Amino acid sequence: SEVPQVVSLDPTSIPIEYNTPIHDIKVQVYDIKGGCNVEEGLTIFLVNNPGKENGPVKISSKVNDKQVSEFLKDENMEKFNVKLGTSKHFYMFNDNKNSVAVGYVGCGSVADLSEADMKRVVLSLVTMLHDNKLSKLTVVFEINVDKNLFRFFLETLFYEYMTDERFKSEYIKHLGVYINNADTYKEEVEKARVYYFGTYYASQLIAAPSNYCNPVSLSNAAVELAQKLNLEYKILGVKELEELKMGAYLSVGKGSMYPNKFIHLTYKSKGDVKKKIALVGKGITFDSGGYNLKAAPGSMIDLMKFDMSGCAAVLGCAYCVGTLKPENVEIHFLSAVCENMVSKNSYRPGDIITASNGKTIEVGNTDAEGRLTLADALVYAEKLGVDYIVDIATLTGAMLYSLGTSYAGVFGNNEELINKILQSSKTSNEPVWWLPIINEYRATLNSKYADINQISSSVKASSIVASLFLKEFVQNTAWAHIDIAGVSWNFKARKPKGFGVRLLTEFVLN
Amino acid sequence: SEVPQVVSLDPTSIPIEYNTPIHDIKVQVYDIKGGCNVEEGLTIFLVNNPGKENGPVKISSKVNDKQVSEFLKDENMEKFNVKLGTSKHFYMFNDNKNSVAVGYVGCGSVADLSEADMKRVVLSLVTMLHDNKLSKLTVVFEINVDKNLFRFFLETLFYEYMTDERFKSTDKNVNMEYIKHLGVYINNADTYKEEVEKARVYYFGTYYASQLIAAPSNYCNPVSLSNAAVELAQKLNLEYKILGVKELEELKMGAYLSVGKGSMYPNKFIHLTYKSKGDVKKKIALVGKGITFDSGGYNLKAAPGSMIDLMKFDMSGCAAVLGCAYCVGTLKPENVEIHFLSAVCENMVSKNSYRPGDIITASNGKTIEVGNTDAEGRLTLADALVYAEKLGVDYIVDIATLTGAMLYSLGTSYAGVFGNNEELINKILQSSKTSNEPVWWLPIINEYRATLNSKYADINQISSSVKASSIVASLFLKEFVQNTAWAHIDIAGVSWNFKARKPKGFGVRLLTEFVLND
Amino acid sequence: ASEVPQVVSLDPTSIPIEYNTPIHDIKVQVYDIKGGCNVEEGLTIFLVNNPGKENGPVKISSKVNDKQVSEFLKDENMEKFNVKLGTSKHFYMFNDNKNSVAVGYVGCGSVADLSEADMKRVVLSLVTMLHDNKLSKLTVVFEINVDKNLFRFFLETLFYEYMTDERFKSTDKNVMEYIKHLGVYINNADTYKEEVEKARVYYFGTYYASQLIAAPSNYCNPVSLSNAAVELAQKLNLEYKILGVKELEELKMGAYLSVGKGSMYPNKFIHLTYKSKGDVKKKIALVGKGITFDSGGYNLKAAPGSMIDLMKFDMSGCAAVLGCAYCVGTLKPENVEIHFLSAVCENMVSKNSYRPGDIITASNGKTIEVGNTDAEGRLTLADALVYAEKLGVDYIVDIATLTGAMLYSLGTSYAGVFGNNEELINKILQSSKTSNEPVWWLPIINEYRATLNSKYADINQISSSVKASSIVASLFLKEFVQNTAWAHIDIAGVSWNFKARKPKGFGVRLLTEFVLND
Ligand SMILES: CC(C)C[C@H](NC(=O)[C@@H](O)[C@H](N)Cc1ccccc1)C(=O)O
Ligand SMILES: CC(C)C[C@H](NC(=O)[C@@H](O)[C@H](N)Cc1ccccc1)C(=O)O
Ligand SMILES: CC(C)C[C@H](NC(=O)[C@@H](O)[C@H](N)Cc1ccccc1)C(=O)O
Ligand SMILES: [Mg+2]
Ligand SMILES: [Mg+2]
Ligand SMILES: [Mg+2]
Ligand SMILES: [Zn+2]
Ligand SMILES: [Zn+2]
Ligand SMILES: [Zn+2]
């Protein structure tokens, strides 16, 4: 509970905004039939041109204002083109002599937008919102979008529009949406708002630097979230962890001034529990690499506050599930939180350590610390007697070379569970790709001295070798592992994505 | 046709062994229910012990010899276990009072062996064949295998047993003599017998690919490699055409010709065709990356771990396609037309080389800005793919040692497949299953396409920002196929067996099963 | 004499060489200290030490035939100065004839036998007194004990360090006059007199090697360096043959030819012979590594510390062998026949170069798999060693700037010697002692042999596992000498004087003492 400080100026909690200006936005969804009213703020049409690449903008919707209708005539609009993400917007007076702004965002020439296309269409909309004092935005869909992609549009808009000023020392109040078949989309709105905040909450924990967000203050934040949502919570400290013989996890934290803290939140439905799930997130608050210091070119030590992204995804999922309250499930949200540091007290390369299932592990590289903490977390998860264990983790830099920055990799011991994850990837619009656990590489983890090696010396397929290592810690339960090392941080925008909150929540709900 | 030389000691063709000692092995398959005769050479039982530890060895088969039968009693065998890859030798006198050698290889406790496990079994078998002058080997299957896995056992035995001595002169070979006979005992032998000569053809297509890949870049160059393809086409009665520089210039193959500019060997584009006698129901083009040495060009392979010493293998894709032409031309499938294509060249450093930054024009008119001369495979493939699509085929499959990133994604065991068509990808995955050459479907992520936008050219050769290079390479190749089902198999990680220091000949069987299944 | 090819008309077509140096004009007079020293024009330096007493006082013990100078040099005046090694002082006074004279001393420390390294320090101090002082004469008075070999070494070193190489100066010549006379006073002078002309010959052989080594690779290429060797043989009346590529192809020297494939200069193999007029009792071949520029080839020297800019020095072995030819041809030993060999070429990057992975055939028929084009010296030496053994000699000794690892093992002062014959290694070590060019015996460790086993060729050029690269090189070379006493001297660490930014001409005196004392 008490956060240790070196100097009195060291922060002792993570600042969190719960009430955000996005929560004050009043959303109305209208059917496009009957025509669109343009009375105030900014109205943006989402427009494509199928086949005709970079073709002219042509607005289909009737607008119940004569001045705006004249602006939206074909001869004016064709001066502009639909190239994905291209936008124009103009101020003008409407029928009432009132100043309105009217424009469009180009949606290209493919009928069905991918999540990546929709993010580009959203960023372009947010740019306008950031550069225009407005009380109201109205968005007219002249493109096809299913219910899930619509919700995704809203979540992305809310998340990209929100700006995080916690460490710095007027938003719209109304959103209107015109869309064909509007009634079918209305239930997405408040679900979007919930998903936005789980994602934004995860984002807040990830962006919070390692002097603010350390094992103590992160577990404290998790307890405060549990209290607000009425989840059961338990934080395990060093003495309990020693009792449980979590030697792999405790070894990683030996070099930190912050004591290890193991987070365990539980959601339990009111009636009968029919499925029990453990979600396990990697929770390294700062990964220096330890004695295997991140000193090689491209090792990105300055980004390593984000190594608790998996833990943050798990907590953002706890917010969504605690809010939406799925029935018939029991969900354990887990993270073995610690920091990986260089000290006289640190574990060393070569050390042999003993995990809570009795397996001795030879440490080949202190920078492969995530798999050690997850080993002990997985043994703990399995002892709960759950139906599914899913872990999420910024585990291997190799992901940038295999899937890159857009799609996370999923590995597991159970194809039905993998297919569930992939379905949740589909409906959350957070992309994941199934990657194999190749048993041929297992022999490269046979240690000469210990029961098992932490790392391969020979195999460069390190995401696969990591999965093989984790698999040794799950004996007889369906388990999947999501490596989010490549996807978690939005390098271009200099901010987290909060990747995985919606994926995991869609998994639990559906 | 004529191989240019710098000095008269420079080789002018690739040595190729067609009749190998493996071809001399007389193979006989007998049904195990008739019992086993143990009169001679070495007799090996393949034994497992299903779901049971490192359980004991117990022989199931009837053995038509009292002496041998007495030796193989459970009591005598109990001291030995079935651990995967272990083996034992026994020695005894048979009813004929003739000494015979008998033993076993352990096949584990899992009732179904993986491709990787079967290879471990075979390697153990080959150890017992090495350093033992034997006229005959007999293998008794006390484990069960489907026809595909039986064929794979034979193909693997043949390939692993064959020793390539083309480049030994003073350092042969002294004690190396092959068995002349192989006997196999298996249940329902009659259904397995067909697999024998199929395995023999598959072994040779893959060993032929291996011979081309292993041949160093002074032997195997664009001229001698295309000369070999011609000789292969002549032997198989395939139609063949090698396009030289003048014809490649006429076809405007600027991306391919740029790559070979700095080489002393003229570019040679290989085009062989197999056509079935009846109705042609399916037309397929198989395209192989054919870089006979990859120095990297002006982006020289000088970085730690860039493996320049290995770059003779950068024509492994072409070798697979030629190995497949051997299998297809030998098995003669019906209903198909198959084009076997490789844009062969060498990637060298010279006053004549293409440079980083050059803008070159592919044969479909797309201008390409070269961002790195070591991304050469995709440039040759771009013009080979334009060529392939002009043939009007149903499927185009390319195979290439294209990106070193494959080592970090799937590693050394599984190849990655990418494509623009789900049906075609699924046909490739099914061929992977039946050839037992492992492949894994990887995505073409369209979000990365924007990073190939060039300020000046129609497209960049490489990404500014994306490190997922195998995916970027796929997005690039996709720009060279307009309206045809296409898949791309990246064999950079799987082609060379780093432990055994020799090619695998990866792809030959996969591509042949693909053609045959269709 | 071949024509040197040029790219532009400004490319040089020969190496400039100075034969008649200012050192050759110096008249040397040796006098016995018992007669007293006469002190007149020029500069008279006493070499003084003080055994026991570190930095002890200077005391001049020789009789000086001049009352004024004797008064000046009395103990009372001299004791304010000390003998610290390399320390020096100048004195000015009027002698008994009222003529001003300059006198001084160099400290030789407090250890009674100076090492080769200590003597070099004394000589460097002496040279600084010669520089920037227009002197007609230097006189040196030995008040330290030196044996005949150390006396000679003093003179060789003095001559070598004093000589300034201005061949490539144009606008920046040192506006530098040399003494015309050198007087030496020493006890038992008659016994040292024979060392004077021997020192003068050894100086020139060393300085000649140095001129070849310092000549840049545009001046000293394989054609111009073999032409210089022809010219030297003509001057000394040695037999000579230069083998060109047609004859090298005929001899099947595939290893040597492969290295040179990338060069615009044809390979030239140098073969000089000295034979004594009497009955020949010993036949010796001296082989020098002759790479006129080592870029690394496709394994380009781009790694930090690869020192590509120093690689004109990669013919230092060849230079030492030609410097030896100079000494031998001049001093004319009896009862011996000596072959001076070098397989000269340039290691370059080109469409024509050999490649990592190429398999090439040496002249003894061994096939060699190229693992790294930057291990080119051992490939040229392989063929030169086969040629050398065919001559029917008693000893083969090669000398080469072969491995960078020498800098990590013995460093910049001692060369390493490896061999297959202890009697011959001991002879080299004895020559090292009497030449004062230090060498240390290093082992050829047979355990590493197995790491040169090639999967395809008869042998690997390089190890993939063993980092002891100098020993691995020696193992590889050993395979090319079948039945003859052989030794190998690796001078990679010792050839270039990094501090002084010039060659040492290392090996000339060592190899000459080897020849003479046999
Ligand atoms: C030594 C390796 C097998 C494991 C090692 N893993 C790690 O360092 C993880 O702890 C890193 N937190 C994963 C990572 C590294 C760089 C960028 C993004 C994400 C890695 O280098 O990938
Ligand atoms: C420049 C890069 C974007 C692409 C580059 N591609 C290449 O170098 C290919 O031409 C190489 N032939 C691929 C390769 C490299 C190392 C081991 C096996 C295979 C690579 O990454 O490997
Ligand atoms: C590839 C390696 C086993 C051998 C390699 N050898 C060479 O490069 C020789 O050809 C070089 N001439 C060795 C050298 C390097 C630096 C300073 C002095 C001498 C070396 O690095 O020493
Ligand atoms: Mg780490
Ligand atoms: Mg390349
Ligand atoms: Mg070299
Ligand atoms: Zn980490
Ligand atoms: Zn390549
Ligand atoms: Zn060299």
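Letters A, B, ... label the chains, following the sequence lines from first to last. Following the PDB entry, chain A residues are numbered 86-254, 262-602, in order. By the numbers in the PDB entry, the shown part of chain B spans 86-603. Numbers in chain C track the PDB entry; the residues on display, in order, are 85-259, 261-603. We show just part of the entry here, counting contacts only within that part. Any value given below was found using the heavy atoms of this structure, including those in side chains, with hydrogens, waters and symmetry copies removed. Both ligands and their constituent atoms are indexed starting at 1 by order of listing.
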J.: Could you check which drug is at ligand 2 for me?
T.: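 Its PDB name is Bestatin.
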J.: Supply the name from the PDB entry of whichever chain has more contacts with Bestatin (ligand 2) than any other.
T.: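 Main partner, per contacts: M17 leucyl aminopeptidase.
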J.: Mind listing the other chains that have a heavy atom within less than 4.0 Å of Bestatin (ligand 2)?
T.: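 Chains with a heavy atom under 4.0 Å: B.
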J.: Go through Bestatin (ligand 2) atom by atom and flag the ones less than 4.0 Å from a non-hydrogen atom of B/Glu461.
T.: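 Taking each heavy atom of B/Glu461 in turn, Bestatin (ligand 2) has 10 (O) under 4.0 Å.
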J.: Give the other ligands or ions lying under 4.0 Å from Bestatin (ligand 2), by number and name.
T.: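 I find ligand 5 (magnesium ion), ligand 8 (zinc ion).
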J.: Please work out whether any backbone atom (N, CA, C, O) or any side-chain heavy atom from C-beta onward of B/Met396 is under 4.0 Å from Bestatin (ligand 2), and answer side chain, backbone, both or neither.
T.: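 Looking at B/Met396 and Bestatin (ligand 2), just side chain atoms fall under 4.0 Å.
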J.: Which UniProt-annotated peptide-binding residues in chain B have heavy atoms closer to Bestatin (ligand 2) than 4.0 Å?
T.: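 Short answer: the UniProt residues with a heavy atom that close are B/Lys374, B/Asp379, B/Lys386, B/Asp399, B/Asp459.
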J.: Report the part of B/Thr486 (side chain from C-beta onward, or backbone N, CA, C, O) that has a heavy atom under 4.0 Å from Bestatin (ligand 2); answer both or neither where that applies.
T.: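 Contact part for B/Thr486 vs Bestatin (ligand 2): backbone (N, CA, C, O).
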J.: Any N or O of B/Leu487 that comes nearer than 3.5 Å to an N or O of Bestatin (ligand 2)?
T.: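 Between B/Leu487 and Bestatin (ligand 2) (N or O atoms, distance only) the closest approach is under 3.5 Å.
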J.: For chain B, which UniProt Zn(2+)-binding residues keep a heavy atom less than 4.0 Å from Bestatin (ligand 2)?
T.: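 Counting heavy atoms against the UniProt list, it comes to B/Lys374, B/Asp379, B/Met396, B/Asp399, B/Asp459, B/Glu461.
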J.: List the closest UniProt active-site residue of chain B to Bestatin (ligand 2) along with its heavy-atom distance to the nearest 1 Å.
T.: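 UniProt active site, heavy atoms, to 1 Å: B/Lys386, 3 Å.
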J.: Identify, by atom number and element, the atoms of Bestatin (ligand 2) in contact range of B/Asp399, meaning under 4.0 Å from any of its heavy atoms.
T.: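 That gives atoms 12 (N) of Bestatin (ligand 2).
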J.: Looking only at non-hydrogen atoms, which of B/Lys386, B/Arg463, B/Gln546 approaches atom 8 (O) of Bestatin (ligand 2) most closely?
T.: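 Looking at heavy atoms only, B/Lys386 sits closest to atom 8 (O) of Bestatin (ligand 2).
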J.: Which organism does the PDB entry associate with chain B as its source?
T.: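 Going by the entry: Plasmodium falciparum.
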J.: Would you mind listing which atoms of Bestatin (ligand 2) come within a distance below 4.0 Å of any non-hydrogen atom of B/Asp379?
T.: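 Those qualifying, in numeric order: 9 (C), 10 (O), 11 (C), 12 (N).
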J.: Which part of B/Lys374 is near Bestatin (ligand 2), with near meaning a heavy atom under 4.0 Å away: side chain, backbone, both or neither?
T.: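 It is the side chain that gets close, since no backbone atom is under 4.0 Å.
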J.: Suppose I only count heavy atoms of B/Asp459 and a 4.0 Å limit; which atoms of Bestatin (ligand 2) are within that range?
T.: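 Every atom of Bestatin (ligand 2) under 4.0 Å from some heavy atom of B/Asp459: 5 (C), 6 (N), 7 (C), 8 (O), 9 (C), 10 (O).
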J.: Can you check which of B/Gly402, B/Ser548, B/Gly489, B/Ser555 brings a heavy atom nearest to atom 21 (O) of Bestatin (ligand 2)?
T.: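 Heavy atom nearest to atom 21 (O) of Bestatin (ligand 2) belongs to B/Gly489.
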J.: Taking both backbone and side-chain atoms of B/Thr488, is any N or O found less than 3.5 Å from an N or O belonging to Bestatin (ligand 2)?
T.: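 Min N/O separation from Bestatin (ligand 2) is not below 3.5 Å for B/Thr488.
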J.: Are any of the N/O atoms on B/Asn457, whether in the backbone or the side chain, positioned under 3.5 angstrom from an N/O atom of Bestatin (ligand 2)?
T.: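 Between B/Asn457 and Bestatin (ligand 2), no N or O pair is found under 3.5 Å apart.
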J.: At a 4.0 Å threshold, what atoms of Bestatin (ligand 2) neighbour a non-hydrogen atom of B/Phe398?
T.: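 Near B/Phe398, the atoms of Bestatin (ligand 2) are 18 (C), 19 (C).
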J.: What are the atoms of Bestatin (ligand 2), with element, lying closer than 4.0 Å to any heavy atom of B/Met392?
T.: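 Taking each heavy atom of B/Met392 in turn, Bestatin (ligand 2) has 16 (C), 17 (C) under 4.0 Å.
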J.: Give, by chain and number, all residues and nucleotides of other chains with a heavy atom within 4.0 Å of Bestatin (ligand 2).
T.: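 Using heavy atoms under 4.0 Å, it comprises B/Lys374, B/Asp379, B/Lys386, B/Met392, B/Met396, B/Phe398, B/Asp399, B/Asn457, B/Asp459, B/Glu461, B/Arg463, B/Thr486, B/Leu487, B/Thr488, B/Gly489, B/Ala577.
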